[PDB]
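Section: structure with zanamivir.
Chain lettering follows the listing: the opening sequence line is A, and each later line takes the next letter. Note that chain A is numbered according to the PDB entry, with residues 83-470 shown in order. Heads up, chain B uses the PDB entry numbers, so what you see runs 83-470. What you see of chain C is 83-470, where the numbers are those given in the PDB entry. For chain D, we keep the numbers from the PDB entry: what you see runs 83-470, in order. As a basis for the values below, the full set of heavy atoms in this structure was taken, side chains included, without hydrogen atoms, waters or symmetry mates. Atoms within a ligand are numbered from 1 in the order they appear, just like the ligands themselves. So this one's X-ray crystallography, 1.3 Å, going by the header.
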There are 4 protein chains.
Amino acid sequence: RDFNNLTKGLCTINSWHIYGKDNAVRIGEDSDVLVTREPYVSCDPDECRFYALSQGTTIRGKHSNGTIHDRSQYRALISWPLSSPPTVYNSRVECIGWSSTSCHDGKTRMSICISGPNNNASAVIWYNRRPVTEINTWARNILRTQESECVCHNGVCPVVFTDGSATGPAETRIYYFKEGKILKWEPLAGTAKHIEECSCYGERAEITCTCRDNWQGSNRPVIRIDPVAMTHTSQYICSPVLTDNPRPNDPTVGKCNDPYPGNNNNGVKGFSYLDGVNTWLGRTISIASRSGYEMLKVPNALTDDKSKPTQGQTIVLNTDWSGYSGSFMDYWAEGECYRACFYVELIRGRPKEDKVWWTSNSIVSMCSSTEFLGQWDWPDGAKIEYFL
Amino acid sequence: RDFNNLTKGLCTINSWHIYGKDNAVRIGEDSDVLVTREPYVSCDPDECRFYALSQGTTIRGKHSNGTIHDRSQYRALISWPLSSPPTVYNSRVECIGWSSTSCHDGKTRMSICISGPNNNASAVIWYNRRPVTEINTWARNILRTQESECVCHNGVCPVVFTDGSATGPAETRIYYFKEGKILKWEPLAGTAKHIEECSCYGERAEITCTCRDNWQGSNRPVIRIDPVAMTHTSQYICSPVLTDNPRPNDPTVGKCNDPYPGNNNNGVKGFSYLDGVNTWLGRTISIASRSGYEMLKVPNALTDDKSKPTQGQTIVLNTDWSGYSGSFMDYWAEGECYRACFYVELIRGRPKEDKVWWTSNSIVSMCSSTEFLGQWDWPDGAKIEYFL
Amino acid sequence: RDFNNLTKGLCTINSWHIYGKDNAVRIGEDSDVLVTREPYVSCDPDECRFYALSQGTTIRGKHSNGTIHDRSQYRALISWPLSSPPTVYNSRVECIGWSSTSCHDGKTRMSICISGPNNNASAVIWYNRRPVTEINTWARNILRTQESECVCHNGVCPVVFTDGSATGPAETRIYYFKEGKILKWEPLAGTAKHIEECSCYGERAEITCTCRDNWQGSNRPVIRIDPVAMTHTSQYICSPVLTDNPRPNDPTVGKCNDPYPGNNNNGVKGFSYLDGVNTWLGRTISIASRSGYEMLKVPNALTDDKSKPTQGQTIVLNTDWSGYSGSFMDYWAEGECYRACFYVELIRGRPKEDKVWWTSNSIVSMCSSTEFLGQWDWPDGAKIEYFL
Amino acid sequence: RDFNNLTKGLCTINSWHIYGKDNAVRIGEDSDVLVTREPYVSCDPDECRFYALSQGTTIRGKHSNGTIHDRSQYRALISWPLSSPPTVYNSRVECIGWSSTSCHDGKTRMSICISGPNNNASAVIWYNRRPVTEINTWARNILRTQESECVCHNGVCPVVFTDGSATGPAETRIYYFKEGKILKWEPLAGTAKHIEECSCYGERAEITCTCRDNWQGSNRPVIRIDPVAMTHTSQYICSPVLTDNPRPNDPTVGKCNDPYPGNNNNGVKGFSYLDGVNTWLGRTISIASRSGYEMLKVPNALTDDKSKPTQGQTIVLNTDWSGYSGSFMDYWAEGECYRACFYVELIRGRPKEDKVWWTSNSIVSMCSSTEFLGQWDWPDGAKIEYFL
Ligand SMILES: *[C@@H]1O[C@H](CO)[C@@H](O[C@@H]2O[C@H](CO)[C@@H](O[C@@H]3O[C@H](CO[C@H]4O[C@H](CO[C@H]5O[C@H](CO)[C@@H](O)[C@H](O)[C@@H]5O)[C@@H](O)[C@H](O[C@H]5O[C@H](CO)[C@@H](O)[C@H](O)[C@@H]5O)[C@@H]4O)[C@@H](O)[C@H](O[C@H]4O[C@H](CO)[C@@H](O)[C@H](O)[C@@H]4O[C@H]4O[C@H](CO)[C@@H](O)[C@H](O)[C@@H]4O[C@H]4O[C@H](CO)[C@@H](O)[C@H](O)[C@@H]4O)[C@@H]3O)[C@H](O)[C@H]2NC(C)=O)[C@H](O)[C@H]1NC(C)=O
Ligand SMILES: *[C@@H]1O[C@H](CO)[C@@H](O[C@@H]2O[C@H](CO)[C@@H](O[C@@H]3O[C@H](CO[C@H]4O[C@H](CO[C@H]5O[C@H](CO)[C@@H](O)[C@H](O)[C@@H]5O)[C@@H](O)[C@H](O[C@H]5O[C@H](CO)[C@@H](O)[C@H](O)[C@@H]5O)[C@@H]4O)[C@@H](O)[C@H](O[C@H]4O[C@H](CO)[C@@H](O)[C@H](O)[C@@H]4O[C@H]4O[C@H](CO)[C@@H](O)[C@H](O)[C@@H]4O[C@H]4O[C@H](CO)[C@@H](O)[C@H](O)[C@@H]4O)[C@@H]3O)[C@H](O)[C@H]2NC(C)=O)[C@H](O)[C@H]1NC(C)=O
Ligand SMILES: *[C@@H]1O[C@H](CO)[C@@H](O[C@@H]2O[C@H](CO)[C@@H](O[C@@H]3O[C@H](CO[C@H]4O[C@H](CO[C@H]5O[C@H](CO)[C@@H](O)[C@H](O)[C@@H]5O)[C@@H](O)[C@H](O[C@H]5O[C@H](CO)[C@@H](O)[C@H](O)[C@@H]5O)[C@@H]4O)[C@@H](O)[C@H](O[C@H]4O[C@H](CO)[C@@H](O)[C@H](O)[C@@H]4O[C@H]4O[C@H](CO)[C@@H](O)[C@H](O)[C@@H]4O[C@H]4O[C@H](CO)[C@@H](O)[C@H](O)[C@@H]4O)[C@@H]3O)[C@H](O)[C@H]2NC(C)=O)[C@H](O)[C@H]1NC(C)=O
Ligand SMILES: *[C@@H]1O[C@H](CO)[C@@H](O[C@@H]2O[C@H](CO)[C@@H](O[C@@H]3O[C@H](CO[C@H]4O[C@H](CO[C@H]5O[C@H](CO)[C@@H](O)[C@H](O)[C@@H]5O)[C@@H](O)[C@H](O[C@H]5O[C@H](CO)[C@@H](O)[C@H](O)[C@@H]5O)[C@@H]4O)[C@@H](O)[C@H](O[C@H]4O[C@H](CO)[C@@H](O)[C@H](O)[C@@H]4O[C@H]4O[C@H](CO)[C@@H](O)[C@H](O)[C@@H]4O[C@H]4O[C@H](CO)[C@@H](O)[C@H](O)[C@@H]4O)[C@@H]3O)[C@H](O)[C@H]2NC(C)=O)[C@H](O)[C@H]1NC(C)=O
Ligand SMILES: CC(=O)N[C@H]1[C@H]([C@H](O)[C@H](O)CO)OC(C(=O)O)=C[C@@H]1NC(=N)N
Ligand SMILES: CC(=O)N[C@H]1[C@H]([C@H](O)[C@H](O)CO)OC(C(=O)O)=C[C@@H]1NC(=N)N
Ligand SMILES: CC(=O)N[C@H]1[C@H]([C@H](O)[C@H](O)CO)OC(C(=O)O)=C[C@@H]1NC(=N)N
Ligand SMILES: [Ca+2]
Ligand SMILES: [Ca+2]
Ligand SMILES: [Ca+2]
Ligand SMILES: [Ca+2]
Ligand SMILES: [Ca+2]
């Protein structure tokens, strides 16, 4: 095997088709399905899999009580076959912790998990299913990372981490790994003012990450990485189609180099594909809660501070719960272009559905089509009343 | 691996032997078995597997209520090891949707699933476990396909689809795929007046499909495809041994080029092997309901409008529930001829057994013998009372 | 891979060591374990596995009621990893039916299952996981076979079948298979008067089978097969150490060429290793019921009508239930000799424990040591009261 | 594959990072998790796995009552994927018995299990998943072994066994195996006065084992083995940092060549890494019970009878239950040095938590870092009240 190189551009996105769906909450009402959150999707050269952070309990188990909580000793990054649910019996543990990323370089997989108390967390970088490198907290305040796949180019896999406040300036670092070893790291540069939970993809030897400015911004920060020079830039999505949550209503003109104000100290992981006229943004439909999900075609969203939608697709109705969303691609597919994909975490239970004592999710995932396909909506599909 | 070519003829069918049986409803009374319907069987060069459309719930799960319904967002094409039941833990998702087909070309597998609302459905064609092509609805009325295996010849895998009314003329198309890409498609030609749910097999470079005329016919339409020329014909089975369900009583003379009347706007998926004197037709025993199943040797059924049985075999007694049936063969077996096989879906629950709130099925499957073997009957075997 | 040849002799048996044990009834009290009976063990070149006839239900499932019955449509030959229990999720179906045998020839595996009603049963011979040959009943009275592994030599795998009465003369045939095809068959010859359920092993190009004379004999019939000439002989074990069950008390002098009388129309599958002074016989400890199990070293048991034990080993105490027993060896092990192995079926439930409505079993298995090892007893270990 | 040679030294241990954790008791509250105890970890060239002795029952099963007991016929050595729990469906049985060790030699795995009654136990040595050698009890008093991995060098895998009293002099033997065959054995020599449950690791062609002196010592005995000469020495850890349990309080000066007194006839399996200044000792925090766990850096612990800690790391708080602990390394990792690892058995249930009727455990495991990482504590995490 050789290292994968990002030699292709994105395919033209004219609509989205269903890729995978696990129905995990429905199925786990009467089967041994692990409680999860913070899911994602990532491909190897011969398989694509679902990933998430387990809570170390099944959803029917009594230990599901309290699973709203973000960072226990009972969490782990798990992976499982595409569109199956994350069960006790089919889930492979990648590493232990409560914040993660993972990516394949074409030869083997790197997985990273962070664990520890808030003031003393540490990352362990696994490569080829073995621990290789460890990184201690630098700011002593919830060292944390992407919660979706990283991207590699000629063996170099950049990863974005943040340590520090969620409600003020923090210390974001871009690490450049190869074979699980640190080649370099850099502090965040550019105009993004706060970074969390980056969702990344690669095309034509560039990695684009769309992140969460938890502190101030309802527009999303964007980091663009050159994995050969091992350098980066940052800015925000200029468009007035705002894509964090909660958020104010859409204005007429956005902000390219500062957070678009109105909502502080909150957010949701999300994503975009930023490719000129071939630009699509994901967002929750609700401005107030993690409800609904839609894709909007917003030509030149990155650079045009008045750009508005020219096409769209509903993924989850506003009467259904959504959650985190992120990017991935099958870098090992056939053909001349990389097909954009994404997933949406469909969160069930607390805090929105507090008649149960747990929080979990299922997954839906879509990839782009060059056709203009009809649209459906893709809810989680479980009935909370069945769990009472 | 090279593409498989249909170089052999059918083996002489002198009886049927048991091939597989999953006992899924019996077992799922106390294990984590998925609710399914629309099953089939399909072989790879090194394994044969069971397939079906999951309902995204176990049979004991509370989400089994409502599984009579045909087309939710919680359905998927799954496959699992031959004669095991479709469990949460052993079922592999092939694609997401509520109508499917799948076949191996000798190199790798093509799977197709259709999803969406009734007026906006779309097919995704997967090849080598990756999405490759997408097809939007052309008639905006429940785009739908075979619900059993497709057949390939030198890489060309024809698939029959229908979009449009179930109770009048519809728009049937034969697509010719290779490596998941569309080489060509054609509209239905010939004398079949309505086509659904084709059951296909190949021999000597010809693919024969026996389908369901839902609108008018109690005889079955037959499509015969030349996968090299990428052309086809259609007609009906001429025989007065009528094989849809519900149906009128058997007459003395059938119809070769039009639907045999008596029953409108209903049917069941079924199959036949049409090979001169070596012709066998499957059918439900009941003329009114999906009850019983039998194979009848009807020499020259395709072409002889007075042909009657010369031999038969009971598969399921008329006091037991049956369901869909379809053809498959192990194109990669040893020997000089292809051994005809079929499966019968044994539907349990609604609507016939409405003391439970679910609908599911198990599978029985048989292949031909050149011996004249004794016959048994093969019921599902579950006791509905245990589920109350 | 080449076909395995029986080139080695037996290792010297000085005691028995534990080889495998599945604890299936204990575990299945609270897990998804299939109801089974008629187990055995058989090796491939790279793995050894447990085998049995499933009943198509879990032990806690409501469909376990009635599993005393021998021959339903819901039975199948399954295999699973050595010493795991036969679960819904780990059991591989080999073929469908209610009487079986299986063996590896060094290249791939042959499995045979018989199904059907009592007057119309048929065997299907699978090779390389595909059906190849079928054999119809010849006597119309419960066609039946070994219920333990067959043995192959240079691709030729003999199998013993019986069709006909269990309580009078029957029609026993030795079939010689190669690649799942029939090379030859012969009717039973020699002095054995009734044959069922042969337990076989091979050494130095000879296959020895120890069987059950259900009709008359409390000594066991022995068939010795030359798999090159494809010929055989039969006789009884001469020893007065009688090894069927139920049986009369041991006499002083046995019978070499006729059934030793006292018990009619009953028996149990069992085994022996017949190798001159290196001869060991298995038997139940009880003369009346399938209780206890012991191995007795009986030099020249086959040929010496006064031979008595010179050594022994208790396997299951007389206060614990036993059941069928049979021979197997790992023909692909390292070293200069074949190590004798056996299993004992530990039957729980009906008819002896009729407070439950099911019948199932677990497995214990042992192989020979050249050491004189200490002995333990190996009960099933489940508590029936837990199942009430 | 070639046999692995111990060519590297230990990496510098500056802290410990999380390696694996199975959360088995939490998960098994509502899934089919086997009852276990005496766990460990061991690597193959391509995978690392968890190991333990099953009790042949699930934790929710009724047969969990009585699982405090050490030595039944229902125990087996099982292995399962790293950080998954030991389930019915994912656990591979290595051999049958109630005392074990296992190690890979670079070509394949040797596993050893001991079974039998107290006065008649026997070891079976498996190699390449087949039984090869058997060893009978020599002292007729609970033949027993390491309960963690063995270590191999150029195919020679030494294993320490003891037979005899737990409360006085016993007969300890070091066996030197190759390909599952006995090359040599030696009686214990040196100054250790009683040996049980050795925890071993290898570096620079030497194997170091830290054991349990059940009879007298609260310091731990150490055996150092030359696997080329097939010779050994023994002594105690000199340090006054005492590491058995129960134990007296730490003194100022320890004992190098005799047991440090204060506690008789009890102990716990434990471990150390003894490498000059790079020396780390594990121990329970409590002096009275199997509570808490910590690692202490004790330069020259082996040889310096006044050595005290210079650094430490808490692994399990003193308010949480611990248990056995042992060493392992991934001898097949990349890089220039072997990374020290260990596990801690987190025992739940009897005797400390006697509101339940079972005894089981989960696993936590850590490996060394050259960084000075922040520390967390890693409890089992189950709530006993949920099991009532
Ligand atoms: C079968 O399936 C197919 C395929 O899926 C279905 O067809 C799809 O149908 C959907 C729904 O209609 C479409 O999605 C919407 O797309 C529009 C964009 O298209 C419109 O606008 C285009 C741009 O027009 C402008 O520029 C052009 C270019 O110069 C100019 O010509 C024009 O005058 C104007 O200045 C038009 O080009 C386009 O027309 C074309 O397509 C038409 C078909 O759609 C066709 O009829 C035409 O002939 C022509 O070819 C079309 O007019 C998105 O704008 C829209 O998204 C908004 O609305 C949804 C709610 O519906 C909302 O959730 C979105 O967030 C968004 O609206 C919010 O954000 C705006 C941006 O800031 C803001 O302005 C809004 O006020 C609104 O904001 C509020 O809500 C948000 C969210 O809660 C909140 O944050 C804010 O604060 C605030 O409260 C949809 O995405 C698909 O594109 C269409 N696909 C295709 C291929 O056709 C078909 O319907 C199905 N069939 C059946 C029978 O069901
Ligand atoms: C052990 O196992 C073996 C192997 O399985 C068992 O043997 C099997 O036994 C079964 C049951 O008997 C047989 O199946 C039936 O086969 C007959 C066909 O064979 C008969 O007809 C042949 C043709 O005769 C005509 O042509 C010849 C050729 O010229 C001519 O000579 C003759 O005069 C006549 O004009 C005969 O050749 C054949 O004889 C041969 O075989 C005999 C053994 O079977 C043997 O004794 C003879 O010596 C000779 O060798 C034989 O007479 C099928 O017709 C039959 O199917 C009909 O009946 C079943 C109900 O039983 C029904 O469900 C079927 O649908 C079908 O009948 C319906 O459809 C007809 C067609 O339209 C219609 O005419 C009927 O009125 C009826 O229609 C009604 O019901 C349907 C369905 O509900 C409904 O849709 C309609 O509207 C309407 O209401 C069976 O398939 C096997 O062939 C036989 N196999 C073998 C190898 O022998 C054996 O019994 C077992 N042993 C034990 C002890 O159990
Ligand atoms: C730790 O583990 C070890 C290893 O497992 C334990 O040692 C084992 O201990 C057991 C139990 O004692 C032994 O099994 C029995 O073996 C005897 C055979 O050995 C005896 O007989 C030999 C033959 O003697 C004759 O020939 C010689 C040769 O010429 C001649 O010298 C002699 O005078 C005589 O004519 C002796 O050679 C042998 O001595 C040797 O070994 C001794 C140790 O065992 C040792 O002390 C000596 O120095 C010497 O070295 C020894 O005397 C079997 O006969 C016996 O099986 C019978 O009894 C059991 C019940 O215990 C029964 O279930 C069996 O079925 C069988 O008895 C039935 O069948 C007979 C045959 O028809 C019949 O005659 C009986 O009446 C009886 O029949 C009744 O019951 C059956 C069944 O229900 C029913 O069907 C009938 O109708 C009827 O009702 C045992 O197998 C192991 O061999 C021994 N192993 C070793 C290596 O030592 C050790 O005990 C353990 N330690 C601890 C502390 O627990
Ligand atoms: C974020 O994470 C990091 C990384 O984990 C956290 O930092 C870690 O913090 C822990 C907790 O503080 C540290 O563990 C302890 O380490 C000490 C050892 O370090 C001290 O001692 C060193 C040696 O000093 C001596 O020699 C030097 C060399 O000459 C000499 O200079 C000195 O004067 C003296 O003579 C010092 O070098 C060292 O200083 C260095 O590090 C300091 C940071 O720790 C730093 O501030 C300094 O500047 C300097 O750089 C330091 O002073 C262990 O001794 C200790 O273990 C004892 O205590 C724990 C309880 O806390 C107990 O459980 C242990 O068993 C042990 O104590 C028992 O055994 C002793 C031995 O017999 C005995 O003497 C005791 O009385 C006691 O015995 C009793 O209990 C036992 C057990 O129940 C029982 O068996 C007995 O019978 C009896 O009842 C801890 O392991 C880490 O080392 C430290 N790691 C790092 C890299 O810094 C950080 O805190 C986290 N941040 C936050 C915000 O939480
Ligand atoms: C796409 C779809 O919903 N197809 C239906 C099919 C259909 O209604 C008739 O053929 C009429 O068009 O009928 C049946 C049926 O049991 O009759 C099941 C199928 N269910 C599923 N494939 N999910
Ligand atoms: C084919 C069949 O039903 N064989 C029977 C067998 C048989 O009844 C006797 O050998 C008499 O012929 O007995 C027994 C038995 O436990 O005695 C079980 C077998 N059960 C099964 N193989 N399923
Ligand atoms: C073979 C055996 O039973 N070994 C025992 C061990 C032993 O009792 C002491 O070391 C004293 O000899 O103690 C313990 C223990 O928890 O202390 C568990 C072990 N349990 C098992 N390995 N099954
Ligand atoms: Ca925000
Ligand atoms: Ca019809
Ligand atoms: Ca369950
Ligand atoms: Ca008998
Ligand atoms: Ca001690």
Note to self: I'm trying to find zanamivir in this model - which chains or ligands should I check?
What the structure shows: ligands 5, 6 and 7
Next item on the list: Determine the main partner chain of zanamivir (ligand 7) by heavy-atom contacts and give the name UniProt assigns.
Entry: Neuraminidase
Item checked: Heavy-atom contacts of zanamivir (ligand 7) under 4.0 Å: other chains -> D
Checklist line | 4.0 Å heavy-atom contact, D:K351 with zanamivir (ligand 7) | finding: no
Notebook entry, point to check: Should D:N296 be counted as touching zanamivir (ligand 7), given the test is an N or O pair under 3.5 Å?
Noted result: no
Check: What atoms in zanamivir (ligand 7) come closer than 4.0 Å to a heavy atom of D:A248?
Finding: 11 (C), 12 (O)
Margin query: For atom 2 (C) of zanamivir (ligand 7), what is the closest protein heavy atom, and at what distance to 0.1 Å?
Written below: D:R153 NH1, 3.8 Å
Note to self: Suppose we measure from atom 21 (C) of zanamivir (ligand 7) to each protein heavy atom; which comes out shortest, and what is that distance?
What the structure shows: D:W180 O, 3.4 Å
Item checked: Closest to atom 6 (C) of zanamivir (ligand 7) (judged by heavy-atom distance), picking from D:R119, D:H276, D:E120, D:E279 -> D:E279
Item checked: UniProt-listed substrate-binding residues in chain D closer than 4.0 Å to zanamivir (ligand 7) (heavy atoms) -> D:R119, D:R153, D:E278, D:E279, D:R294, D:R372
Notebook entry, point to check: In terms of residue, atom name and distance, what is the protein heavy atom nearest to atom 13 (O) of zanamivir (ligand 7)?
Noted result: D:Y406 OH, 3.2 Å
Checklist line | For zanamivir (ligand 7), the portion of D:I224 having any non-hydrogen atom under 4.0 Å away | finding: side chain
Notebook entry, point to check: So between D:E229, D:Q137, D:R226, D:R294, whose heavy atom ends up nearest atom 9 (C) of zanamivir (ligand 7)?
Noted result: D:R294
Checklist line | N or O contact, D:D152 vs zanamivir (ligand 7), cut-off under 3.5 Å | finding: yes
Checklist line | Identity and separation of the nearest protein heavy atom to atom 10 (O) of zanamivir (ligand 7) | finding: D:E278 OE1, 2.7 Å
Next item on the list: Report the part of D:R372 (side chain from C-beta onward, or backbone N, CA, C, O) that has a heavy atom under 4.0 Å from zanamivir (ligand 7); answer both or neither where that applies.
Entry: side chain
Notebook entry, point to check: What makes up the binding site of zanamivir (ligand 7) if contacts are defined by heavy atoms under 4.0 Å?
Noted result: D:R119, D:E120, D:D152, D:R153, D:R157, D:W180, D:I224, D:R226, D:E229, D:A248, D:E278, D:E279, D:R294, D:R372, D:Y406
When you check zanamivir (ligand 7) against the protein, what N or O pairs turn up below 3.5 Å? List the atom names and distances, or just say none.
residue              : atom   : partner : partner atom : Å
zanamivir (ligand 7) : 3 (O)  : D:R153  : NH1          : 2.8
zanamivir (ligand 7) : 10 (O) : D:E278  : OE1          : 2.7
zanamivir (ligand 7) : 12 (O) : D:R226  : NE           : 3.4
zanamivir (ligand 7) : 12 (O) : D:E278  : OE2          : 2.6
zanamivir (ligand 7) : 13 (O) : D:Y406  : OH           : 3.2
zanamivir (ligand 7) : 16 (O) : D:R119  : NH1          : 2.8
zanamivir (ligand 7) : 16 (O) : D:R119  : NH2          : 3.4
zanamivir (ligand 7) : 16 (O) : D:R372  : NH1          : 2.9
zanamivir (ligand 7) : 16 (O) : D:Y406  : OH           : 3.4
zanamivir (ligand 7) : 17 (O) : D:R294  : NH1          : 3.3
zanamivir (ligand 7) : 17 (O) : D:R294  : NH2          : 3.3
zanamivir (ligand 7) : 17 (O) : D:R372  : NH2          : 2.8
zanamivir (ligand 7) : 17 (O) : D:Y406  : OH           : 3.4
zanamivir (ligand 7) : 20 (N) : D:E120  : OE2          : 3.3
zanamivir (ligand 7) : 20 (N) : D:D152  : OD1          : 2.9
zanamivir (ligand 7) : 22 (N) : D:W180  : O            : 3.1
zanamivir (ligand 7) : 22 (N) : D:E229  : OE2          : 3.0
zanamivir (ligand 7) : 23 (N) : D:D152  : O            : 2.9
zanamivir (ligand 7) : 23 (N) : D:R157  : NH1          : 3.3
zanamivir (ligand 7) : 23 (N) : D:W180  : O            : 2.9

